[PDB]
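The following structure: GC376 (bound form) with 3C-like proteinase nsp5.
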Protein chains: 2
Amino acid sequence: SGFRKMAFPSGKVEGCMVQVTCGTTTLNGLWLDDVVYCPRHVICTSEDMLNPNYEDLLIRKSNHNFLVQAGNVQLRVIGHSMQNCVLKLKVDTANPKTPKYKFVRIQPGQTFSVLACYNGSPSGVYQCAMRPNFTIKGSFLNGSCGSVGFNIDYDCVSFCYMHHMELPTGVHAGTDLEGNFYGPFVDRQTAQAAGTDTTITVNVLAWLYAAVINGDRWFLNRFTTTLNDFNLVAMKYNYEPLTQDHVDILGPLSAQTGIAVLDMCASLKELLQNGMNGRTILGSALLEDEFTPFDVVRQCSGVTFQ
Amino acid sequence: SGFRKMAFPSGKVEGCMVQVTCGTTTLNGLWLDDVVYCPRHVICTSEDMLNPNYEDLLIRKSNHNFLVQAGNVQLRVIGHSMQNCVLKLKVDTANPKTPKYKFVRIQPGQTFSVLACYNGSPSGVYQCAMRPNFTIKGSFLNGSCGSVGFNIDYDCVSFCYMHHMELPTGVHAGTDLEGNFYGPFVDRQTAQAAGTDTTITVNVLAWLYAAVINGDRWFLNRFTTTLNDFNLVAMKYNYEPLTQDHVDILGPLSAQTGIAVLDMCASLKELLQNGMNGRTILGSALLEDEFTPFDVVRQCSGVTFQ
Ligand SMILES: *[C@H](O)[C@H](C[C@@H]1CCNC1=O)NC(=O)[C@H](CC(C)C)NC(=O)OCc1ccccc1
Ligand SMILES: *[C@H](O)[C@H](C[C@@H]1CCNC1=O)NC(=O)[C@H](CC(C)C)NC(=O)OCc1ccccc1
């Protein structure tokens with residue numbers, strides 16, 4: 001037993017990280033088949049980035065201005081192009097270590113693993129949630145751009161995120177691998193505005209279910225509640241509204257625990273109005289919202305990939 | 001910026017996980033060169049495990065009773081032997097994906113990444129600390145035995161932990177890869193006693209330094225303290241005593257922040273006596289102690305492996 005924030009095994013993605021250089025900017029790219037993907041601001045200098053005209057900047061570049069390195073061996077750029085905020089470099093060699101993969105645009109509230117990279121070299125892996133306001137709470141330094149977020153189902157790697165920028169708020173913003181930002185963000189060095197962040201209610205419930213599965217059962221109470229009775233309390237506390245579709249997603253967890261979902265909502269309601277009184281749940285003094293119901297079921301049994 | 005609990009990239013270790021079967025028990029083994037390492041209780045039935053005579057149980061086994069599988073391909077056992085609580089299976093083929101590696105016995109307070117495995121197949125990765133009482137707070141289900149904990153320096157994998165058992169307390173116990181348990185534990189299914197756990201003071205300070213590096217600076221105060229003045233407060237709160245060698249380990253973090261270490265101890269003293277007053281530090285309502293000073297410096301800049 002036990003419950004930990006768990007990332008996917010990163011081996012399949014490690015083999016796809018390369019270094020992309022152009023000017024003095026170096027960052028990470030993703031090498032799949034004969035195409036390298038990286039953030040398009042690799043083509044900016046430090047002055048460009050305040051309001052870059054990316055089309056005019058890319059025009060001044062040719063294939064040989066793009067140095068791509070995988071370890072110490074290397075590809076040549078036989079073509080380049082811009083798709084939204086990513087650059088695609090067509091290269092000599094198809095990556096021999098290309099995993100089965102898809103590109104997916106994930107939804108707010110879903111989680112993924114981030115392989116943090118510097119100079120094309122993997123550095124660490126951790127789990128993140130796409131916040132309701134389309135930011136992530138990451139760990140990214142200069143050079144980290146082009147690090148990717150992914151899920152593994154099967155032997156199949158679903159890439160969902162490429163890192164581009166840190167907002168002066170301290171949280172992080174990026175694109176899908178077609179180069180479209182999550183959220184309202186643009187790739188320029190300007191003060192940019194994330195919305196109010198809300199707590200992912202269905203994730204908090206799933207973690208309360210994980211807590212019961214693991215012996216933490218004190219918060220379980222006497223009360224019950226209705227869906228709209230709870231949703232009134234949810235908006236008081238900036239929790240995203242709970243729907244019937246959320247209830248049904250929790251069905252498996254409800255059936256393994258024998259605790260009805262709105263029995264679980266009633267415990268959550270009192271935690272929100274009464275606090276935790278200095279006690280803890282799965283070793284945390286806060287309500288955790290970065291576990292999806294699938295994360296919980298995975299970890300609590302299943303938990304197996306090619 | 002930002003600060004997250006980060007595991008090492010797991011690719012090098014994924015290639016070493018195999019399935020070891022003997023009877024109906026299946027668990028994970030580690031395949032390095034032509035030797036497979038796994039917990040010796042793979043040779044027990046469900047009745048043996050209450051007080052197994054491992055030597056007498058191993059004698060009834062021969063090489064062909066040990067089914068070792070790496071993916072779907074497979075090795076033959078040309079020799080077996082017991083070293084402390086691990087079985088070593090000499091096998092046909094040297095693992096083509098063997099990384100450069102060493103076996104190390106880590107010290108209390110150090111951290112490592114755990115690659116959780118089931119049926120020889122990697123499932124997830126997360127970071128753990130060896131507690132002062134030689135347990136870890138893990139996430140392990142049935143079948144997880146033989147999963148390993150490791151560090152990466154270089155391209156060099158330092159294996160330090162193999163998982164064996166869950167204590168009725170809920171925390172986890174295991175051996176080094178020479179088969180010697182961390183702590184007083186034995187591999188039998190008996191109620192077993194971990195000591196009082198203490199908080200790793202030097203790790204908490206390192207995380208407070210990480211907090212200051214990342215903008216969380218409210219806890220920084222006015223006071224100072226002496227080493228033994230702090231150590232009196234530390235034993236009140238079951239914190240391990242702070243020594244001069246701990247101070248010097250924190251030197252780098254002190255010099256990047258400009259905050260003297262016993263200036264940092266004074267802030268920690270007031271957190272311990274006054275609580276956090278419902279505020280948070282790096283998004284946590286508790287004092288975190290599973291980051292070493294090296295973890296902090298790694299993540300806060302460096303953070304790069306083969
Ligand atoms: C790409 O490597 C970099 C990632 C930033 C670096 C600091 N923390 C991150 O997540 N992205 C940028 O530098 C980005 C470039 C624009 C053209 C998109 N600008 C940016 O994110 O400004 C925020 C910032 C810059 C430098 C240090 C701290 C924050
Ligand atoms: C090895 O796969 C297994 C790992 C346990 C399984 C449950 N959570 C774990 O960490 N180890 C054992 O089953 C161990 C065998 C002895 C001969 C060492 N016995 C044990 O740990 O008992 C505790 C336990 C057993 C089953 C479920 C929950 C706890």
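Residue numbers begin at 1 in each chain, while the letters A, B, ... track the order of the sequences. Atoms within a ligand are numbered from 1 in the order they appear, just like the ligands themselves. Keep in mind that the numbers below use all heavy atoms, side chains included, and drop hydrogens, waters and symmetry copies. We read in the header that X-ray crystallography, 1.9 Å was used to get this structure.
Under a 4.0 Å heavy-atom cut-off, the other chains found next to GC376 (bound form, ligand 2) are A, B. The heavy-atom binding site of GC376 (bound form, ligand 2) at 4.0 Å consists of A:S1, B:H41, B:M49, B:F140, B:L141, B:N142, B:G143, B:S144, B:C145, B:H163, B:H164, B:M165, B:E166, B:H172. Of all atoms in GC376 (bound form, ligand 2), numbered sequentially from 1 with element shown, those under 4.0 Å from a heavy atom of B:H172 are 10 (O). Nearest non-hydrogen protein atom to atom 22 (O) of GC376 (bound form, ligand 2) is B:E166 O, 3.8 Å.
Nearest non-hydrogen protein atom to atom 17 (C) of GC376 (bound form, ligand 2) is B:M49 CG, 3.5 Å. GC376 (bound form, ligand 2) is contacted mostly by residues of chain B from UniProt domain Peptidase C30.
In this entry, the covalent bond from GC376 (bound form, ligand 2) runs to B:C145 SG. For atom 12 (C) of GC376 (bound form, ligand 2), the closest heavy atom belonging to the protein is B:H164 O, 3.8 Å. Inclusion of B:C145 in the set of residues having an N or O under 3.5 Å from an N or O of GC376 (bound form, ligand 2) is warranted. GC376 (bound form, ligand 2) has no nitrogen or oxygen under 3.5 angstrom from a nitrogen or oxygen of B:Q189. The UniProt active-site residue of chain B having the smallest heavy-atom distance to GC376 (bound form, ligand 2), to 1 Å, is B:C145, 2 Å. At a 3.5 angstrom cut-off on N or O pairs, B:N142 does not count as close to GC376 (bound form, ligand 2). At a distance under 4.0 Å, a protein heavy atom can be found next to atom 10 (O) of GC376 (bound form, ligand 2). Distances below 4.0 Å separate heavy atoms of B:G143 from the following atoms of GC376 (bound form, ligand 2): 2 (O). In terms of protein heavy-atom proximity, atom 19 (N) of GC376 (bound form, ligand 2) is nearest to B:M165 CB, 4.5 Å. Remark: atom 3 (C) of GC376 (bound form, ligand 2) lies closer than 4.0 Å to at least one protein heavy atom.
The B:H163 neighbourhood of GC376 (bound form, ligand 2) comprises atoms 4 (C), 9 (C), 10 (O), with distances under 4.0 Å to a heavy atom of that residue.
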